[PDB]
J.: 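There's a structure below that I have some questions on.
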Amino acid sequence: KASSXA
Amino acid sequence: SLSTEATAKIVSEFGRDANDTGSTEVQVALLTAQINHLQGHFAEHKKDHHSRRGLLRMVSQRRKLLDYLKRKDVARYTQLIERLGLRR
Amino acid sequence: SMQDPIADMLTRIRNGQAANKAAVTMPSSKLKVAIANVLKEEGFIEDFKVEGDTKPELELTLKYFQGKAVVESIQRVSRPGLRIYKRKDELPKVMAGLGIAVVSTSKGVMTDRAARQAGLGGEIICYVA
RNA sequence: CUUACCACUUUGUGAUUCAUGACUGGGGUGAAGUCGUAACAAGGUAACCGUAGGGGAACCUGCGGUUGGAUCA
RNA sequence: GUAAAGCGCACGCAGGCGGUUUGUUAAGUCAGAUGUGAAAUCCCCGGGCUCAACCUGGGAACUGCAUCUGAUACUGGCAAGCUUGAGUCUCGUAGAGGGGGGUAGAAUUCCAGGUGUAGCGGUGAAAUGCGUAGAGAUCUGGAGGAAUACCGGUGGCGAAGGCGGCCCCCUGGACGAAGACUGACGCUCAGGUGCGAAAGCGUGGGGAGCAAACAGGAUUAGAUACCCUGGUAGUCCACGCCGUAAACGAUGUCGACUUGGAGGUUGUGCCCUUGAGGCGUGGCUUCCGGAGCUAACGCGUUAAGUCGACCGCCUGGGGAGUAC
RNA sequence: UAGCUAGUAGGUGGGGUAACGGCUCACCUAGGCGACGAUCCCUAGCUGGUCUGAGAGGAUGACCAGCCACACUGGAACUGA
Ligand SMILES: [Mg+2]
Ligand SMILES: [Mg+2]
Ligand SMILES: [Mg+2]
Ligand SMILES: [Mg+2]
Ligand SMILES: [Mg+2]
Ligand SMILES: [Mg+2]
Ligand SMILES: [Mg+2]
Ligand SMILES: [Mg+2]
Ligand SMILES: [Mg+2]
Ligand SMILES: [Mg+2]
Ligand SMILES: [Mg+2]
Ligand SMILES: [Mg+2]
Ligand SMILES: [Mg+2]
Ligand SMILES: [Mg+2]
Ligand SMILES: [Mg+2]
Ligand SMILES: [Mg+2]
């Protein structure tokens with residue numbers, strides 16, 4: 001919650 | 001709590017004899033006297049909550065007896081309250 | 001405080017039986033006896049005994065068998081908190097029959113079999129099996 | 001014709017309820033983000049509870065209370 | 001009890017519940033009878049459509065309601081009792097139980113002076129800090145606040161929160177011993193009222209020690225901390241307020257029944273009190289363990305066993321004990 | 001949602017209806033309702049029955065039959081058994 005997007 | 005002679009008087013004033021120490025009216029007065037007496041103790045002191053508890057117990061008790069007696073002999077009831085100057 | 005002697009009687013039995021007590025005593029009463037009567041008459045106890053003058057004292061002698069007691073189980077049905085009455089058709093049958101249900105009727109404290117036959121019902125006091 | 005009753009409607013002021021509202025509070029959900037590592041072992045300052053003060057952040061510190069603390073203290 | 005769940009603790013109106021005997025009542029309760037409970041539907045057995053669906057005759061059912069007549073065990077109402085629940089009285093016992101007023105001895109800190117001389121303090125090690133303007137140490141004197149070493153306990157008292165120097169005054173409860181007296185006056189309790197650690201809030205006092213905040217020295221990559229040197233609110237007193245805590249036994253109150261062992265403490269009966277003592281009979285309080293209960297851990301006559309009365313509470317984790 | 005109530009609760013006498021009645025009106029009483037939930041909010045036709053369920057229950061009120069209410073919205077009467 002929340003690396004490349006997501 | 002209450003003076004041996006003083007209690008002893010009240011016994012032979014509301015009872016059908018001395019030794020009639022457990023009569024309903026008697027029991028009421030012994031409390032009423034004590035109640036009325038502690039009135040001055042809690043006149044000063046005030047913060048004495050543990051003791052005041054005893055007082056309330058005496059009032060409560062006294063209240064459960066009178067109601068018992070109203071329920072048996074009203075005549076005795078009506079008289080006992082006038083005779084101790086209370087109940088209103 | 002103490003608010004049901006009949007219930008206590010039954011548990012007194014139940015704990016006595018459990019404890020392998022030879023007998024059990026208790027403060028007596030008219031109704032307490034009627035139950036002992038049905039219990040003896042139907043063979044759950046050896047017999048009653050009321051040794052008292054001012055303060056009746058109901059005594060019950062327990063039954064045992066193989067290695068286990070006779071009263072397998074006994075439970076208060078009708079309660080002071082919740083009264084249970086049933087009609088004639090509707091009277092219960094404990095253990096599919098091989099066990100009783102004590103009922104009070106306007107012709108007295110009898111077996112469920114008894115009341116059924118007598119064509120009447122009433123407050124059902126307790127099961128015993 | 002006139003009186004009573006009375007529907008529409010009118011005036012003032014409240015109440016409630018639905019919808020909505022710049023902005024704003026936290027909540028929830030979203031494989032690898034940043035900062036630290038508070039908890040779990042004695043988690044490396046035993047932990048936690050009520051309360052108070054303070055601090056980017058977990059949290060820190062004070063007062064009392066709990067064992068739901070490990071150890072020959 | 002630990003999974004969600006016993007109100008922090010009581011008092012107590014309404015409500016629910018209520019010991020024991022007789023009489024009386026017949027409301028509850030049970031029995032019978034008579035009315036009604038539309039037809040349809042469901043069910044049973046038949047009959048009709050080629051079968052089935054469907055249609056249909058009769059029955060059972062409609063577990064209900066009302067009324068009349070009986071029954072009287074139980075429940076209730078009323079009468080009158082009873083003494084075992086409950087309470088009153090007499091005499092005693094133990095106790096940081098409460099409120100108020102005194103007072104004492106240790107120690108810390110500060111103030112004044114004497115002696116004295118180069119360090120003290122602190123840490124893992126250091127430094128900030130204090131000392132040659134004489135500190136630390138040491139002696140005499142004085143001011144002042146707070147708390148009560150030993151006793152001390154596996155202790156005691158209190159409804160709970162809680163209560164420890166000593167003394168008096170006012171005062172609550174408990175327990176025991178005998179009886180006498182009252183005669184069910186009882187148990188539980190929504191709502192209600194009251195009490196309620198510590199922190200916190202108001203006003204006014206008080207301020208030694210301690211110490212949130214804060215400052216300085218350290219530590220560390222950083223250190224808004226842990227550690228060190230300092231240090232204010234607070235901790236203290238009065239009066240009012242707050243009403244919450246892992247307010248815990250995470251275990252509601254009351255009553256009854258159900259094998260044992262070992263402690264603590266406080267009563268009381270009996271044995272040439274023979275002197276360490278001995279056996280009984282209560283109260284309160286711990287440890288261990290049987291049945292039984294429990295998911296297990298464990299609880300186990302102070303039950304989490306066997307029962308009854310009333311209350312409060314729980315219904316997936318989170319959102320949230322938050323919002324309105 | 002904890003209070004509710006002026007024809008309000010009762011009475012007397014007049015009037016009124018097919019009929020009993022605060023139904024209406026004048027006067028007198030001061031009552032009446034509510035913690036067995038009045039009041040005020042929200043939702044809703046009721047029943048026989050229907051669906052499910054071992055049952056007790058839970059869910060439901062189309063179609064058939066009984067009862068009630070409504071007829072564009074608010075209101076009123078006239079005709080008439
Ligand atoms: Mg850690
Ligand atoms: Mg730690
Ligand atoms: Mg839990
Ligand atoms: Mg508690
Ligand atoms: Mg029918
Ligand atoms: Mg009777
Ligand atoms: Mg203050
Ligand atoms: Mg709480
Ligand atoms: Mg044990
Ligand atoms: Mg809130
Ligand atoms: Mg009239
Ligand atoms: Mg008339
Ligand atoms: Mg509608
Ligand atoms: Mg069900
Ligand atoms: Mg219209
Ligand atoms: Mg006409």
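Lettering of chains follows the sequences in order, A, B, ..., and the numbering in each one begins at 1. Keep in mind that the numbers below use all heavy atoms, side chains included, and drop hydrogens, waters and symmetry copies. Throughout, non-standard residues carry their parent amino acid's letter or an X, and their further atoms are not counted in contacts. The structure shown is a partial extract from the entry, and contact counts are restricted to the extract. Looking at the header, which is where the method is noted, we find X-ray crystallography, 2.9 Å.
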J.: For chain A, which chain gives the most heavy-atom pairs within 4.5 Å, and what name does the PDB entry use for it?
T.: 16S rRNA
J.: I'm looking at chain A, any idea what drug that is?
T.: viomycin
J.: Which chains, by letter, have non-hydrogen atoms under 4.5 Å from some atom of viomycin?
T.: D
J.: Extract every residue of other chains having a heavy atom under 4.5 Å from viomycin.
T.: D:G30, D:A31, D:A32, D:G33
J.: Which residues of viomycin touch RNA chain D with heavy atoms under 4.5 Å?
T.: A:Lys1, A:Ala2, A:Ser3, A:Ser4, A:Unk5, A:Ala6
J.: What does the deposit name chain A?
T.: Viomycin
